[PDB]
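Heading - primidone complexed with trpm3
One letter per chain, A onward, in the order of the sequence lines. Chain A is numbered as in the PDB entry; the shown residues are, in order, 906-1048, 1056-1145, 1157-1232. Just so it is clear, chain B uses the PDB entry numbers, and the residues here are 504-515, 523-566, 607-781, 834-1048, 1056-1145, 1155-1232, in order. Indexing begins at 1, ligand by ligand and atom by atom, following the structure's order. All values below were derived from every heavy atom in this structure, side-chain atoms included, with hydrogens, water molecules and symmetry-related copies excluded. Shown: partial entry. Contacts: counted within the shown part. When the header is checked for method, it gives electron microscopy, 3.9 Å.
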Amino acid sequence: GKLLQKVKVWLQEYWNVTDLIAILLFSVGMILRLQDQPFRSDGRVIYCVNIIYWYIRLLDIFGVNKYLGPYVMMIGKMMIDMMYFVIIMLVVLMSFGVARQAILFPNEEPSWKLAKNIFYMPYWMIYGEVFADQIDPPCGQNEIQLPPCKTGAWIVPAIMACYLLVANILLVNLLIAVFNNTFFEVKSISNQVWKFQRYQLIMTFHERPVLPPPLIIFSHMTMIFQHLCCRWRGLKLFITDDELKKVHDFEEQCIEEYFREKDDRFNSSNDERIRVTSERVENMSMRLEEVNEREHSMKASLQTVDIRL
Amino acid sequence: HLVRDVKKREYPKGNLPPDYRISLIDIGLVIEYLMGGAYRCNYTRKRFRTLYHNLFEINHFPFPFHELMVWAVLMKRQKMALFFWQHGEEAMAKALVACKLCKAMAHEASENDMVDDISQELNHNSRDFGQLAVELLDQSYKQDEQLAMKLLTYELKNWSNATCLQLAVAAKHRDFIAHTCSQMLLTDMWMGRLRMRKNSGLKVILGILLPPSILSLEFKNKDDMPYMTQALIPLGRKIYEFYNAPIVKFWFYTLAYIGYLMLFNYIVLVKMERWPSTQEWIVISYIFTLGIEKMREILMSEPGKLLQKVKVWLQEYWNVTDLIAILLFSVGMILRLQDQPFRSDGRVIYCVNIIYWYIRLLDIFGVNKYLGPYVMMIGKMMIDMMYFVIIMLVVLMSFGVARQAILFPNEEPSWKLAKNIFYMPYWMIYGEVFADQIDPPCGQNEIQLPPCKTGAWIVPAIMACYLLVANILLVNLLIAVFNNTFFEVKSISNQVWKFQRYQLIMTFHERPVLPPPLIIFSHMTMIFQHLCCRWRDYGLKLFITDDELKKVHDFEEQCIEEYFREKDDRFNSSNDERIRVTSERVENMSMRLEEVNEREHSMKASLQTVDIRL
Ligand SMILES: CC(C)CCC[C@@H](C)[C@H]1CC[C@H]2[C@@H]3CC=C4C[C@@H](OC(=O)CCC(=O)O)CC[C@]4(C)[C@H]3CC[C@]12C
Ligand SMILES: CC(C)CCC[C@@H](C)[C@H]1CC[C@H]2[C@@H]3CC=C4C[C@@H](OC(=O)CCC(=O)O)CC[C@]4(C)[C@H]3CC[C@]12C
Ligand SMILES: CC(C)CCC[C@@H](C)[C@H]1CC[C@H]2[C@@H]3CC=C4C[C@@H](OC(=O)CCC(=O)O)CC[C@]4(C)[C@H]3CC[C@]12C
Ligand SMILES: CC(C)CCC[C@@H](C)[C@H]1CC[C@H]2[C@@H]3CC=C4C[C@@H](OC(=O)CCC(=O)O)CC[C@]4(C)[C@H]3CC[C@]12C
Ligand SMILES: CC(C)CCC[C@@H](C)[C@H]1CC[C@H]2[C@@H]3CC=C4C[C@@H](OC(=O)CCC(=O)O)CC[C@]4(C)[C@H]3CC[C@]12C
Ligand SMILES: CC(C)CCC[C@@H](C)[C@H]1CC[C@H]2[C@@H]3CC=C4C[C@@H](OC(=O)CCC(=O)O)CC[C@]4(C)[C@H]3CC[C@]12C
Ligand SMILES: CC(C)CCC[C@@H](C)[C@H]1CC[C@H]2[C@@H]3CC=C4C[C@@H](OC(=O)CCC(=O)O)CC[C@]4(C)[C@H]3CC[C@]12C
Ligand SMILES: CC(C)CCC[C@@H](C)[C@H]1CC[C@H]2[C@@H]3CC=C4C[C@@H](OC(=O)CCC(=O)O)CC[C@]4(C)[C@H]3CC[C@]12C
Ligand SMILES: CCC1(c2ccccc2)C(=O)NCNC1=O
């Protein structure tokens, strides 16, 4: 009932929140694109990043298909482990990047292009680009005359060797191991979660109107109009009291059957049988010890009675 | 043999004369050696040795079961060592000390190369005292938890005024430390005299960045249990309590270490001038001031002899690579203050230091609950990676030499040859193929190309075989090695990470207040207090009262007969022992009920004979 609690409930679904953000960005892009050049092209830029978002949202649309849904949930779960990977990738990538920029270009004034130079080539080394010409550029020889070699420029092959070995061979393989050791647990969690979130989809598309979004302005103005003039003008079965009495009766049968069914599994479980046999047999020894002593007394009495006759 | 080893080590005979009645004093000396550290055995305190020598009432040592726990362990008498352990007091100390003595006699017996069954069974006995310690600790957690905190962090006066935590880490007794009682105990030392515990970590950084937010933080209650070493105005003491807490001093060294990093990547990108820049003076400060801190950790170590203190420092793998890079940056600092060409060299020496201080962030990231295990993951993987690299190195050279021969047949001796062996095939395993240099066309009008050096119809083949062996075969193995070792490496190195939480705690609690740039002021107070009081202890204990001593004992013996009670009762109601008991009883039922029917054979004839008589 409170507006802030409405905003919280609408903040629960994250996809809806990113819908609101991207709709706001497309409005900003409309503003700039319907504004004069040079603001036109920036509106087209904003349209491009919105295209990116609307494209991704097809993964949320790819949920009904019973296999594709838990795959989307799989890539959502593997996000956190990629984060771990991403932090360490930064550390190592930033290491070779700063070292490479500090050797290959010694004399440089401060500028933000330095950051792009550090993060440029090291990052694309991960995806198969060694940058073969700039691995060890030939220097100091003559063929013209080659420019002079920087002091200790043979460091850059060796450090880029160790960075490539740590990146492509250790860390990617370790993320292979991470994703492969967490697959099974994420199967069980995610197929249960897809069957759970199916409910939220069920009830949302029940309350959703008939008309598609291009034509939903009609159904919205109809609904707002009919509610405001109707000021002057779940999917429960609402089952009546007879069947309601039968569903109570049915439920009482299920309750009694489960309770005495777990009792019969409790007794027929073999540790129950063995425990019984144990205490019973113990009572047997006590009884038959009494039987044997009393029988000895009875045999003595019978011997005396036969001595009488 | 132990007596022979350390009496000859201390008192400098031969094979020790067997008539030597080994003193209780010398038995005190063997306990101190097998402990290591600063464990001073009750026998070797000066009062016990003066009482010994004056005699050669107080003959009955006040707590006899403790001296018989040692008597037994030293004699490898395991059935009596468990016997003495049940009937007694401070049993958490008794089992954790005996876990340490056992492990210690184990590596000694293999060091002298005695009978291997002694060294073997001493590992198993050290485990046997081990699990009884952690099962007794688990059951102290089952009862009142707050009493069980005071049991461990109790000052174990008979066991050299130690703590059960101090003892268990020295015992390397992992699942003691990883237990839930000791973890949230170490969390209590970590937050220090604060409370919070609600997405913490952020507001402690906000306390440092914004000093006035210190007032809003809910500090820990006035008594609570302040774990402590050798034992307007409230706003100033609350300033002190925040700026002495171990999580505070960690994040304040962490902002100092990120802060140093932001200044030592800037000075190496931008050109250095003849006199060092103001940024680089801050850099030159931070390394040297941290060098004074690093040598202080060596100087204030727990052992006495300086070579032994250096050995304990050498155990900390990370702290030695700090010293190597402090010295390395100092050599590059001298060359930087010199002119060309040493000036250009000193920049490159700085460039090599750039990598290590980046790598020194990995451990700092090792504090986190998930990144901490992840750093420990990578360290166990690289023993497997070295193997991978050796098999790499055979096959890589395989193509590297066999191409340098074919492509360049006529070359003189030069070190350029060994470069071109290793250069090009090693850059192939990361994606490149060097496509034009695979099979360049030769001896054909294009201008007639230079002649095909004979054998160049083979170097495509041996490279193609090299790419399948390198990029495919081994790479798939290092995948299969990694995937089938991650299971054991994860489950161990979580508990390893919970073990190194202890070490981190003790270190930052000893670390001074001020950051490594400003730590000269906390150093100069440390030197000044040392020198003026020369002209005029590690651990976090409670030193609780004597009436609370007996109470913490009484809790503990109720834990002792509790654990021994359901240990017996789990076995009298284990499944397989019920079957055992029934197979006995019935067995008794067979001979006894054989007797009953065979004796009522006499009674059946007795009634029938009396029927004839009647
Ligand atoms: C071409 C480039 C720029 C693509 C950028 C990739 C990311 C923008 C995408 C790729 C896969 C996406 C993930 C795929 C699966 C899921 C599970 C799914 O989670 C939910 O439905 C729960 C709530 C929510 O986060 O919406 C949607 C988010 C998430 C993490 C997605 C978040 C956005 C990700 C990381
Ligand atoms: C732990 C990680 C995050 C280390 C990352 C370090 C870099 C991201 C930072 C550290 C210091 C920064 C530099 C500090 C100061 C300047 C001057 C600055 O100069 C100007 O703004 C004037 C001209 C221009 O606009 O470039 C340009 C960015 C630059 C080189 C910065 C680029 C980015 C640097 C290298
Ligand atoms: C979870 C992951 C993605 C963390 C990564 C965050 C940062 C490491 C990234 C995110 C955006 C990056 C910035 C995006 C854009 C630029 C502008 C760029 O400027 C130039 O190249 C100047 C133009 C020129 O070349 O002259 C310098 C790098 C920098 C600051 C980047 C530095 C690194 C940043 C801060
Ligand atoms: C850009 C190039 C130069 C990359 C640099 C590679 C190495 C300098 C790095 C990569 C991964 C690092 C390792 C990552 C994790 C660990 C575990 C951890 O090990 C220990 O604490 C010692 C225990 C052990 O021997 O495993 C900290 C050091 C170590 C071995 C690191 C040592 C330095 C390594 C090998
Ligand atoms: C078995 C696998 C996993 C590791 C083996 C790789 C390294 C042993 C090799 C591969 C490439 C080699 C580098 C290739 C080129 C050079 C440049 C070389 O310097 C020069 O030739 C001077 C500069 C010039 O002449 O242009 C010094 C050796 C070095 C760093 C080499 C050192 C050894 C490296 C790193
Ligand atoms: C099975 C694996 C481990 C064996 C690998 C051995 C080769 C790769 C090495 C071992 C000794 C090396 C040689 C040792 C010394 C020299 C002299 C060296 O001479 C110069 O650099 C200049 C000579 C001059 O001053 O005239 C040229 C490289 C060469 C032939 C080396 C080439 C490479 C060799 C054969
Ligand atoms: C087992 C793993 C860890 C790798 C094994 C290490 C070696 C295979 C590396 C380490 C240092 C390397 C050497 C470092 C420097 C040089 C000098 C380099 O000489 C030149 O490049 C001369 C200049 C020119 O090319 O004209 C030739 C390669 C060589 C011998 C490298 C050969 C390969 C070495 C011995
Ligand atoms: C994944 C499995 C099926 C491996 C498949 C690879 C082979 C079917 C191909 C790949 C590249 C081929 C090689 C590429 C180049 C040559 C050079 C060729 O010699 C010439 O053409 C004469 C002189 C010259 O130009 O080298 C002889 C065959 C050979 C070794 C080829 C033999 C067949 C190879 C090994
Ligand atoms: C050099 C790294 C570091 C450090 C270590 C862990 C956390 C924060 C800082 C430091 O900068 N000063 C104190 N000793 C150190 O080893």
Item to check | Location of primidone, all copies | outcome: ligand 9
Checklist entry - Can you list the other chains with a non-hydrogen atom under 4.0 Å from primidone? => result B
Checklist entry - Which residue and atom would you name as the covalent site for primidone, or is there none? => result none
